[PDB]
Amino acid sequence: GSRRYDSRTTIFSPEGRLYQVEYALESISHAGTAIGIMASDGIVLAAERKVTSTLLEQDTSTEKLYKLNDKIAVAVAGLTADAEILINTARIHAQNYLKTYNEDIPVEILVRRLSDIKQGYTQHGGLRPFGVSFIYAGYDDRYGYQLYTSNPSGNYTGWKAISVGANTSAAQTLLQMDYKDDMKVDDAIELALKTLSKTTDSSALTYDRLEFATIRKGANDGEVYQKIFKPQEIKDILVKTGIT
Amino acid sequence: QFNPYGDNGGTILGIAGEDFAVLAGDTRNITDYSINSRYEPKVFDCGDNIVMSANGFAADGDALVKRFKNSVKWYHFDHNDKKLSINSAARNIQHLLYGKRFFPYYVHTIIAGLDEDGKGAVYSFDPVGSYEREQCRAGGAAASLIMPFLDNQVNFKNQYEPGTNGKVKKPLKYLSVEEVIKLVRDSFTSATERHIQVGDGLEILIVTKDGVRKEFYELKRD
Amino acid sequence: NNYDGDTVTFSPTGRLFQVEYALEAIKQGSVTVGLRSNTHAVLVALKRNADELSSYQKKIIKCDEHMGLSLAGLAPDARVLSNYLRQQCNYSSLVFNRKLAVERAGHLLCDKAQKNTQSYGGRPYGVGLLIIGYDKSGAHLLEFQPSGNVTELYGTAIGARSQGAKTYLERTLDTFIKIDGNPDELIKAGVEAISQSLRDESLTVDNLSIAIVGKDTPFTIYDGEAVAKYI
Amino acid sequence: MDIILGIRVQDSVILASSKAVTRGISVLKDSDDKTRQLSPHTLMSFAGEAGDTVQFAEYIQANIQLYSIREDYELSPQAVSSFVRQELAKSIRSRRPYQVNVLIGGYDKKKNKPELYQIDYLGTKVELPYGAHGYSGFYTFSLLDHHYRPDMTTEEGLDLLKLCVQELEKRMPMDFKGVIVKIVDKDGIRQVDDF
Amino acid sequence: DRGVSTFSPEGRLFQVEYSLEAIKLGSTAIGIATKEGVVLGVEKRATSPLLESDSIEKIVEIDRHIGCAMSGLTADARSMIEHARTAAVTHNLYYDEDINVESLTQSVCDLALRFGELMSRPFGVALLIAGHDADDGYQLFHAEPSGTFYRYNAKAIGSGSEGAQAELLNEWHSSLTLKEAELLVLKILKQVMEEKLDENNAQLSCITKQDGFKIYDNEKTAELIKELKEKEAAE
Amino acid sequence: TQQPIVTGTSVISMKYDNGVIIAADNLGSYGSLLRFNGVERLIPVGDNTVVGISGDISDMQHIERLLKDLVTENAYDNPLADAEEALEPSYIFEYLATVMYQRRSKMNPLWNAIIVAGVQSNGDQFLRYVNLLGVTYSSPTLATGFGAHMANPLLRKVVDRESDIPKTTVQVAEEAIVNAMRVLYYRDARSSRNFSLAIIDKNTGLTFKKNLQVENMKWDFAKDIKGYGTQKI
Amino acid sequence: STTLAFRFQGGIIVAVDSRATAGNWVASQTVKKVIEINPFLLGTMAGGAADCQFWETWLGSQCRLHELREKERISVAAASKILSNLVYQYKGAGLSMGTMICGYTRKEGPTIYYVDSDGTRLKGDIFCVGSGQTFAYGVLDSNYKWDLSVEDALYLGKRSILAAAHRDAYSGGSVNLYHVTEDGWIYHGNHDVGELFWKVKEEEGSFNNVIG
Amino acid sequence: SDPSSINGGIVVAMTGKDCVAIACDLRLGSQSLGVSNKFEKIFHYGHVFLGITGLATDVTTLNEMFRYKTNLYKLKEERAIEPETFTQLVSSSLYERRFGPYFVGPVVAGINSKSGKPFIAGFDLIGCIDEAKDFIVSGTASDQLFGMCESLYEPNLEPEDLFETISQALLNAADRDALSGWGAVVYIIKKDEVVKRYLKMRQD
Amino acid sequence: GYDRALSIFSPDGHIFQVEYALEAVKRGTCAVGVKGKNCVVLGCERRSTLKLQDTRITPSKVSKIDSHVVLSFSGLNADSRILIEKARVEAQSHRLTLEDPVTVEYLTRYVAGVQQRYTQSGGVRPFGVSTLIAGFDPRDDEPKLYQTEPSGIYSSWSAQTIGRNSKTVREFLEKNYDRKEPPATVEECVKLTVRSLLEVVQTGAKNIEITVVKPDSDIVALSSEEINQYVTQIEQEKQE
Ligand SMILES: *[B]([O])([O])[C]([C][C]([C])[C])[N]C(=O)[C]([C]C1=[C][C]=[C][C]=[C]1)[N]C(=O)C1=[C]N=[C][C]=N1
Ligand SMILES: [Mg+2]
């Protein structure tokens, strides 16, 4: 019957590893690098678009940085289509929480929910896992500014500075070198771009090959503003930091 | 509007002796002011030395007896031909009745036989499954006519010993099978006189250690 | 070989190996004999024990007052099929006030076993049955195979070394069919038939299992000292 | 059940609830506590149909306690009240609705403010300085309209509550066998054992 | 791969035969039936000395008149015990009586072959079900994952089973007392166990008509072990 | 739950020494309107059973189709379908009785009253009743609707108990049935003159008589009846 | 139906009447309105006979399963809540039950729970349930103390049922007494009201209204 | 018994010259008993304003529902929802509960951000759209509001004049209804400024 | 639905999927449990391959199931969340119906039952997680420590360890833990737990987590400095 053709996506290897999770992580390692850096007065999200074209309409394009709600955003690394399935689920979960409790969802609770969905695909159902790794950048009134990452295994962890996708080993070493706890957003912006500029497989880092975003309390008085950078604004910050 | 219930009349009577038990019932079957049958058996031998009758709405009565007889059959299959004791049969019947708690079997059920010590046993049920072991019970249409007579003539209620004037009760001496059958016959003769749904014939099933015996007697046909 | 992984696969010669492997489980089972006359039908079964401390596995199951069978192979599969027969016999009685015909009982068993041989996921039954009964057309004996094939017979035997008893019955055909109105002599012939399948061991008091059904005889099973008469 | 009252003062919320339980003809009990602690700084009183009241309260209690363990954090009174409202708003269009009215008294440790929420069985929520369910409000709101201030102390709140209970004991036909009073503030929940 | 409910060329179910191999790896359990009662005994087999041995529960009560011992993948036995307990109590509810030991065993064995592609595999545990009823008296049954159950005068299951069964073959007779049976289980357990038998790594139990099913205290078993040592040294 | 629309009135029957007789008129009424005048309400099953049906005609036609299907089903894989394993009256009745009680239990009844008349394999007379409620009973005489009130009294004068059955011949029994049908035509406002009659004898088999009419009627005395009391002209 | 139960120094007293009626017709005078759930738990029965019987013998099966699974006696709180949660599922369907679940454990001491078919579950010291509950309450409330002897407590319960048996038309027959202690319940006999009334009247000097 | 008049309340909306106005009372009651005088019935999602009268639990539920839906809309569309589009969303959402409806009387008000055109709309409890040029009314004193609006209203009123007209329409209508009043709020809405005014009125 | 039998027997009588789930536990960070006379201590390893971590928000290794019971684990982190959630739900459900918090044995029996169910259910793989469940029964001062594993078997332990290099720390505990006289105080119990982890951990900095559970819902997690003081005292005694 049908058993003959079943790949068995949810089994252990003799070494106790989940085959499909490991292979999904291998897929993600070829995706464009995404970096998240948390500062005292905000969070930076930077990400590299993969080998683009001059005929790509950049100003209306979005492949890396997505808005989950007014307080939380994500950077994507992996299959974009898989990510959008999860992103829409996460957007709904946030709204469900807001309707139930009349309060914005705490960052970790949203992260745990998405991570639990990923876990399910590794334990039951016989389906392939989502080939996606997220960097969650968000704010709530309990823990303040927070950075998390989740991967196809459904495991998630918190970070001060973190990278996903390609060249994470090189990127993580550079971040570990220059990162300090008393750092500010403007400094973190510079660190993120400098790290991408060194780890990139491209010849030079330009505005048309980047997506950029900040989450700042740099909003008029006690509140948080999300800023998805426009192409011209990415071009200006590249000149300001002295990369182009 | 459709009414799923009906009333087929009739009356039944169970009496437990010292080493025997009887279950009697008239053979008349009716609707409203008409006679359906002058001889429609109402008391049944269900095997394992147990007799049963489910009086009231005959369709529900036949259904219940049929399902209990079935339960006896499967009890033998499932438990190595073990004899179903009268107490176990009674509990089983409770679950059959309560299973239709919200659409009840519209019957008054009585079973009779011998307990595991060989003594006479009668059990009585309401429509939704409540039950109780009894020495004496009438059921059905003329139950209200018969029960008081049995309180007086079987349990010697309100009877005392001459000369003492209310001080000493009449002692509860045991009744033979011949004595019980006399009381059953008089109960039904009296019920036939004053209840229009009772008559035609009386069928008595007697249960002893030897088995199940039957006796039939004519009743007035008006 | 490559075509025995499941029941849904024919071999290149048109064989169903999973069904044939299920048939093999019957041959490993203990011997049981069935035979009938015009008045009575008899089952004789050699029960098997695990060791000297153990009991002897029961081989005969009652289905109704007028019908029952003996088994050879996977005993749990016989319990499933006998339970189905009990229900079908019972449906016939409750709905139609009619004792189920032995021939129709065979047809129902055939169709139940068949569904397990054509579908993916399931498996064939691993047991063979000998059904005896007395209905409106007299005494009957059936042989059930888990391939689905059911056959009405005068006498037969299934299980290990069953060929010896089957040959004896084939010789005695003209004699035992005439044993009418004599249950003890019909059982004697059945006990003598199953004896042709014995090696090393002999028929003891807790080894032998006999069942009979007839004209004025409900299906009853004899075990223990009740069969010492026939040893 | 019958009478449940609530009043929010300067630094605390006070809930008063009757002790009587009446099965038609007889008063079966005169010491019944018509409340459940949902969290250390949140208390819910309740009144409605028999069985449904306790079943609903304990169900809400279990859910909030589950949330507390999962997140190692206490939900704000506003958040708890919204959760409760949604459950009742869901319930009203069910096969058999919960016939339960509630008051939720809580102290928000973040804002350092007491908060009182009134919710009926339909899922109708309002935040109030003082509230009541059933026929209680018909007698008590006029008194509270006259005497209440936002800057009252807890002791002044209890005195104003005694004036409410005295009026109820004078003009209500049913003997509700007095009230159990509980205070909710920054230090948690405590019961006034003499009232 | 291949079906879970597949027959081998010899006419056996692969999965059932493989589960029997798992049972052979399990700790030893022995049962002996007498006219004065049935005795059940098990090897606890703790994997480490830091493991509190009294938490090892390989003998279990099903009802007051029925006990049970296990051997193999003991985690699999929990749902079987739950079913057995429910079946025993349910029958009492429906019939106002104790359930026959055989009928209880049959109910447990009905679960066995409910596997396919229901549960995904057979049970990896064998059970010794011992009890008493009015009809057939003191009884001992061996319930396998094949769905088959045999009655036994005496039976051993687990890693030391064939060695223990041969010993039970010689020792058992129809006139054994309860005390004689207790010592006999201890004797045979001590023979097949790897570690030295004491009250902490072995457990006894019995079922009598009067007192019902009882798991023995470690103090009570310790005395029977001491009584055993002396009677073996007596000749 | 429904209401009956097109309906059939009384079915009457009785036992006699060698078998059973059953009868029913050929009318299908639509309330007070005598709508359909050619409706057969006796339906034979094999050569040993006749099922008489009263009440809702649409449900009767459904039952007729069930019985037709029952015969077909019994023949399947049955070499003795026309011999030892033929349908008995007792089998046919029990089936109908099962269906009737099941349908009442779903609160969607077959709005009928049914009498199954026939002779068994051993020659025994079979006569049993069942209706929309699943109620069943047997008697030497059986009748539905108005028949119960008017026919039974007349038929019970012939066979009053079980011991009167061997003393009752087929000629005496048929005479009583035919007279009862006349009485029903006098007195039932939903009856017709035309009827069908069926005899099932253990010796002569099934005799099905169609297009019978009520005859020998007394009406002449009507001419003398004038007014409602005091009127003379 | 008149059933009562009350906590005191010597544990719990449970007392019930024996009558069952269908309208004005007295169906039985020998009904067992106390259920022996286990050697430590008792349940009282008021309302529908079948509902009470069925679900309280069912309760005993659930309690037996608990102590098989947990190797420990079930608490009175847990036992009562199993029944209340069950009847709450059936709320609206028309079950008719008024019951006291009475027992004694180490952790709780003597405990009584009133359980109801509307879903009501109440812990308390004294409860009277049934058509004649008001009559029994009168005698109890005026004579109840914590410091009663087992002998005096048993009599108060017996007397309170008698009071209700006399006045309430749907109560009577006989009185069944139970006494629940640290070591289990103890049956204290069936007492016919037809003999008990005249005995109490003579000895106690009560019922001077009635002539004897 | 009648769900639409248990709690009470009213909402009115009007158009002016390059502006719109929406107003409501503040009462929530349980039939005769006044419970709350701070129960606002006007909500806003971006620049689109929604007033809701009727059963109060459904008023709250629908607000939470449309906040939910307009937030998802904005995330996907990358722009705020417009009045014309929101009107269709309200209608769709109400009609999906055709045979188990929310007992409400919604009112939409706002200015289209691109065209600058003033927009108002009303609905029945199950989705029918009333898109009037002049004014929309809703609630327990809708008859009263119709009478006030039909006489007081004139087209092309300036924002500060429109305030006076709508305020007098609400106040005098509420005072002839037992289940309305206990305070009032008026929103004046221009293309890029919105003023909110609480009105002084009789508290009976 | 996906019904495929993933956990099945092999010719030698082994269920490989259950056994491979144990290999995932072997890979997981080390966890240890030690019970004293009036307390239980749960020690957990944090691998220092991950720095630049935010320790405020990162999921902690020890999880409260109720106010009186805790659960630590070794194996797949994502899998552990599912067991923890189910356990937390069951704990509240038990309080709701029985009107009493769970016993430590009961909560263990439930979690073990869930693990077992995933070894003979179609379409699912076993949990790659072993747990240590510790706490005190309601109104009881006797310490409780239980272990579970993917197969579903569970048992009580005076002291136990799971995860990578658990063979080494179990060796340490077997010679250092005396049953006749367990760690009498909190200090002695924590010290023995930190000592056992120091056999395996590497640096005694942010690599050791300690959680102390005492009777009557008294649970507290030790800080870096508090643990660092134990690390300092142990090695200073060792220099001799
Ligand atoms: B008691 O009055 O509640 C009594 C106890 C019952 C458990 C045996 N109930 C009844 O007698 C009821 C009638 C009733 C009387 C008064 C109040 C409520 C109910 N009788 C029955 O349920 C019943 C059952 N079977 C036959 C006759 N009556
Ligand atoms: Mg009469």
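Per chain, numbering begins at 1; letters A, B, ... match sequence-line order. Start at 1 and go down the list; that is how both ligands and their atoms are numbered. Part of the entry, not all of it, is on display, and contacts are counted within that displayed part.
Here, the chain sharing the greatest number of close atom pairs with ligand 1 is referred to in UniProt as Proteasome subunit beta type-5.
The compound at ligand 1, a drug or drug candidate, is named bortezomib (bound form). By chain letter, those with a heavy atom nearer than 4.0 Å to bortezomib (bound form) are B, G. By chain and number, the binding site of bortezomib (bound form) (heavy atoms under 4.0 Å) reads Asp126(B), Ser1(G), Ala20(G), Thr21(G), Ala27(G), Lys33(G), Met45(G), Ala46(G), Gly47(G), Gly48(G), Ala49(G). Each of the following atoms of bortezomib (bound form) lies closer than 4.0 Å to a heavy atom of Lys33(G): 1 (B), 4 (C), 5 (C). The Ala20(G) neighbourhood of bortezomib (bound form) comprises atoms 11 (O), with distances under 4.0 Å to a heavy atom of that residue. Proximity to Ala49(G) (heavy-atom distance under 4.0 Å) selects the following atoms of bortezomib (bound form): 7 (C), 8 (C), 22 (O), 24 (C).
The entry describes chain B with the name Proteasome subunit beta type-6. Not a single N or O atom of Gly48(G), backbone or side chain, sits closer than 3.5 Å to an N or O atom of bortezomib (bound form). Structurally, the covalent attachment point of bortezomib (bound form) is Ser1(G) OG. In this structure, atom 17 (C) of bortezomib (bound form) has its sub-4.0 angstrom surroundings free of protein heavy atoms. Counting only non-hydrogen atoms, the residues of chain G annotated by UniProt as bortezomib-binding that lie closer than 4.0 Å to bortezomib (bound form) amount to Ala49(G). Contact atoms of bortezomib (bound form) toward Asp126(B): 24 (C), 25 (N) (distance under 4.0 Å to a heavy atom of the residue). In the vicinity of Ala46(G), heavy-atom distances shorter than 4.0 Å reach the bortezomib (bound form) atoms 3 (O). Of all protein heavy atoms, the one lying nearest to atom 9 (N) of bortezomib (bound form) is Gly47(G) O, 3.0 Å.
Taking atom 23 (C) of bortezomib (bound form) as the reference point, the nearest protein heavy-atom neighbour is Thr21(G) O, 3.9 Å. Taking atom 5 (C) of bortezomib (bound form) as the reference point, the nearest protein heavy-atom neighbour is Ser1(G) OG, 2.7 Å.
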Distances for all N or O pairs of bortezomib (bound form) and the protein under 3.5 Å?
| residue | atom | partner | partner atom | Å |
| --- | --- | --- | --- | --- |
| bortezomib (bound form) | 2 (O) | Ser1(G) | N | 2.6 |
| bortezomib (bound form) | 2 (O) | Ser1(G) | OG | 2.3 |
| bortezomib (bound form) | 3 (O) | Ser1(G) | OG | 2.3 |
| bortezomib (bound form) | 3 (O) | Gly47(G) | N | 2.9 |
| bortezomib (bound form) | 9 (N) | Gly47(G) | O | 3.0 |
| bortezomib (bound form) | 11 (O) | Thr21(G) | N | 3.1 |
| bortezomib (bound form) | 20 (N) | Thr21(G) | O | 3.1 |
| bortezomib (bound form) | 22 (O) | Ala49(G) | N | 3.2 |
| bortezomib (bound form) | 28 (N) | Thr21(G) | O | 3.0 |

